[PDB]
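Quick look: CB3717 on Thymidylate synthase.
Within every chain, numbering begins at 1; the chains are lettered A, B, ... in the order of the sequence lines, protein sequences first and strands thereafter. Hydrogens, waters and symmetry mates are skipped; everything else that's a heavy atom, side chains included, is used. Whatever order the structure lists them in is the order used to number ligands and atoms, beginning at 1. Method of determination (from the header): X-ray crystallography, 1.0 Å.
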Protein chains: 2
Amino acid sequence: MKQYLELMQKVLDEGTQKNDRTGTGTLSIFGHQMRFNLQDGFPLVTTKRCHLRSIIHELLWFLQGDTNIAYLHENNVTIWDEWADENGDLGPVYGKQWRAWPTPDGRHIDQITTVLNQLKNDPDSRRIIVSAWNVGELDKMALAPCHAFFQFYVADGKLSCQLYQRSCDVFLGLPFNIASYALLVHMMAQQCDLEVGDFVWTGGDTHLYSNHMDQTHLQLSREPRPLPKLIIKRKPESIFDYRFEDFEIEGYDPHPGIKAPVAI
Amino acid sequence: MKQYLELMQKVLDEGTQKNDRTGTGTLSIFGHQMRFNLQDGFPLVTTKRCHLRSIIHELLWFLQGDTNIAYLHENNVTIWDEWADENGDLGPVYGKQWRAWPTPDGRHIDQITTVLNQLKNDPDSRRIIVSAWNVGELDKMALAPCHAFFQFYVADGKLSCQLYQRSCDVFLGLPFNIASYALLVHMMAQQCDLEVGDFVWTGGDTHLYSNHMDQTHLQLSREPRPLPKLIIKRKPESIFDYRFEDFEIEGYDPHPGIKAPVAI
Ligand SMILES: C#CCN(Cc1ccc2[nH]c(N)nc(=O)c2c1)c1ccc(C(=O)N[C@@H](CCC(=O)O)C(=O)O)cc1
Ligand SMILES: C#CCN(Cc1ccc2[nH]c(N)nc(=O)c2c1)c1ccc(C(=O)N[C@@H](CCC(=O)O)C(=O)O)cc1
Ligand SMILES: *[C@H]1CC(=O)NC(=O)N1[C@H]1C[C@H](O)[C@@H](COP(=O)(O)O)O1
Ligand SMILES: *[C@H]1CC(=O)NC(=O)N1[C@H]1C[C@H](O)[C@@H](COP(=O)(O)O)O1
Ligand code: NA
């Protein structure tokens, strides 16, 4: 996509070398923002073939409140394998915080239900927030939350969302993160009888791994194709009752896939 | 400042009308970003005189972990009066979360101490975060955190910080928020023997109150002046040991202060 290739080029033009946790090394910038008007089309990268089925299953898994990879394996999705323990557990990562953030007095807060009720009852609220950054549980998580903090907004009958992504693997992770949040906006909008607005993506440490540079430049040589179109075939009774088969992506005509290794 | 006035003009030109919590009404946009290179000067708005005494003492109060306004009153700072209870308490707002975030099991994390140790021991980390958005304590806070989530970053010997500000009163709040985080970067850089980098400001619901239009037109008629310079006159033993008298803002030549009532 235009915005995505422009970000790649910005990291290349303005980034600096950094060592990193994984021992791989990155080229890194700090701070970026871009927007996707979801009425233009569904923002799935076209300059390489992306594995959409994994994106959908990962989001459904988050929405169930799950943090063990068994459900992903049942659906032939392997994207979380490298960080799970011997029983498949990642600890209290995204799904757990989204559905059941633990409070100091023994409560748990379902932030997804909270947001939905805020959008329906008080859409001009400035507090329509989900946070995965539960400071008191970070040490139990297999990785710290990358897509950390997000906010909804309504104007002119349209639902928008902004994500603060504190750490972004531009080549491997970002295509998934953009599509995932776009899908969530569509689902949330359907449940609220709203149209879709913008997905606003904001980055913290926004980086290209040192072993993704040939792949990145191959991708930058390619022209984006038309955005595909997302069709939802049913309105479930709640945001938690979607199924994989409720979604179809039309007109997706990507350039060939480009393989790259993930940094563990 | 140029970027601040561009944002103010953008809210006027593009903002849509909201019926907010306070009943006042706003013009609002969603999703914006600005960048202040702190080596270009200290980013204190010059198109009105900003009350440095209040900005500095509020930050020192946060760093103490204090959420009662008595300390502010001892220093003739009244910016939090309208939301405090009869005992001066605001509940577990910024200072409490920064210094004593409660875990579910009865422990505490001092996020500021953690960040200082990350900057000194793991400056490449992508996890150097402070969150005030403690979902499980929102119901006890007098207002929800505006400056909600922030991140530090180190590259080539320079310390940067990005703030996610989920709700921004462009007229009254934003000049304080920019200066406060810029001052924090200078203090942390001093304690870590780093140079200052960028302050990146990211906004969610970014608004002008409907009773601030005259004041907005006045400020937009004024040209910005060169930025001042921050001088730290004493290097304290830790990030927790600063005092108001340690700071001097040199070369600050603002236009006159503008009087505008806060929306409660
Ligand atoms: C974000 C996110 C979700 N996740 C979770 C996740 C977990 C740890 C991470 N660690 C690192 N270093 N980068 C990531 O982006 C990252 C992402 C993903 C993990 C891997 C791939 C990936 O390897 N994609 C390959 C193969 C896809 C496939 O299985 O077919 C690709 O070519 O796209 C994508 C997303
Ligand atoms: C951000 C932040 C901190 N805070 C906390 C705070 C609390 C509630 C809020 N509520 C609303 N509606 N807007 C705010 O920006 C806001 C800010 C501030 C509160 C008031 C002023 C203010 O009235 N400033 C005036 C007068 C300053 C003085 O001389 O006392 C000004 O002219 O600047 C500034 C900051
Ligand atoms: C993390 C998971 C995700 O959804 N998106 C990403 O892009 N993620 C990337 C960011 C880093 O490259 C890595 C996490 O490592 P750190 O915790 O930042 O060291 O995964
Ligand atoms: C809140 C405090 C701060 O530091 N900055 C701000 O700009 N703040 C403004 C934002 C809103 O106008 C108001 C808070 O009200 P909501 O919780 O957003 O309804 O104060
Ligand atoms: Na798969």
Practice task
Locate CB3717 in the structure and give every matching ligand or chain.
Solution key: ligands 1 and 2
Practice task
Using a heavy-atom cut-off of 4.0 Å, list the other chains contacting CB3717 (ligand 1).
Solution key: A
Problem - Site residues for CB3717 (ligand 1), heavy atoms under 4.0 Å - result: A/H51, A/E58, A/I79, A/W80, A/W83, A/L143, A/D169, A/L172, A/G173, A/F176, A/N177, A/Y209, A/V262, A/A263
Practice task
Give the source organism of chain A as stated in the entry.
Solution key: Escherichia coli (strain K12)
Practice task
Please report which non-hydrogen protein atom sits nearest to atom 24 (N) of CB3717 (ligand 1), along with the residue it belongs to and the distance in Å to one decimal place.
Solution key: A/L172 CD2, 3.9 Å
Handout entry: UniProt-listed dUMP-binding residues in chain A closer than 4.0 Å to CB3717 (ligand 1) (heavy atoms)
Key = A/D169, A/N177, A/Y209
Exercise for the section: Any atoms of CB3717 (ligand 1) less than 4.0 Å from a non-hydrogen atom of A/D169? List them with their elements. Expected result: 11 (C), 12 (N), 13 (N), 14 (C), 15 (O)
Problem - Nearest protein heavy atom under 4.0 Å from atom 35 (C) of CB3717 (ligand 1), yes or no - result: yes
Exercise for the section: Could you tell me which atoms of CB3717 (ligand 1), counted from 1 in the order shown, lie closer than 4.0 angstrom to a heavy atom of A/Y209? Expected result: 12 (N)
Handout entry: Under-4.0 Å heavy-atom contact between protein and atom 26 (C) of CB3717 (ligand 1)
Key = no
Practice task
Report, in ascending order of atom number, the atoms of CB3717 (ligand 1) lying under 4.0 Å from any heavy atom of A/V262.
Solution key: 10 (N), 11 (C), 12 (N), 13 (N)
Exercise for the section: List every atom of CB3717 (ligand 1) that sits less than 4.0 Å from any heavy atom of A/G173, numbering the atoms from 1 in the order shown and giving each element. Expected result: 1 (C), 15 (O)
Exercise for the section: List the closest UniProt active-site residue of chain A to CB3717 (ligand 1) along with its heavy-atom distance to the nearest 1 Å. Expected result: A/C146, 6 Å
Practice task
Identify, for atom 30 (O) of CB3717 (ligand 1), the protein heavy atom at the shortest distance, and state residue, atom and that distance.
Solution key: A/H51 CG, 3.6 Å
Practice task
Please say whether A/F176 places an N or O atom under 3.5 Å from an N or O atom belonging to CB3717 (ligand 1).
Solution key: no
Practice task
Check each atom of CB3717 (ligand 1) against the heavy atoms of A/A263 and keep those under 4.0 Å away; list them by number with element.
Solution key: 10 (N), 11 (C), 12 (N)
Exercise for the section: Write out the residue and atom name of the closest protein heavy atom to atom 8 (C) of CB3717 (ligand 1), then the distance separating them to 0.1 Å. Expected result: A/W83 CH2, 3.3 Å
Exercise for the section: Check CB3717 (ligand 1) against A/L143 and write out every atom of the ligand that is under 4.0 Å from a heavy-atom position of the residue. Expected result: 8 (C)
Handout entry: Close N or O approach (A/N177, CB3717 (ligand 1); < 3.5 Å)
Key = no
Exercise for the section: Answer yes or no: does an N/O atom from A/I79 fall short of 3.5 Å to an N/O atom of CB3717 (ligand 1)? Expected result: no
Problem - Residue, atom name and distance, where the atom is the protein heavy atom closest to atom 3 (C) of CB3717 (ligand 1) - result: A/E58 OE2, 3.4 Å
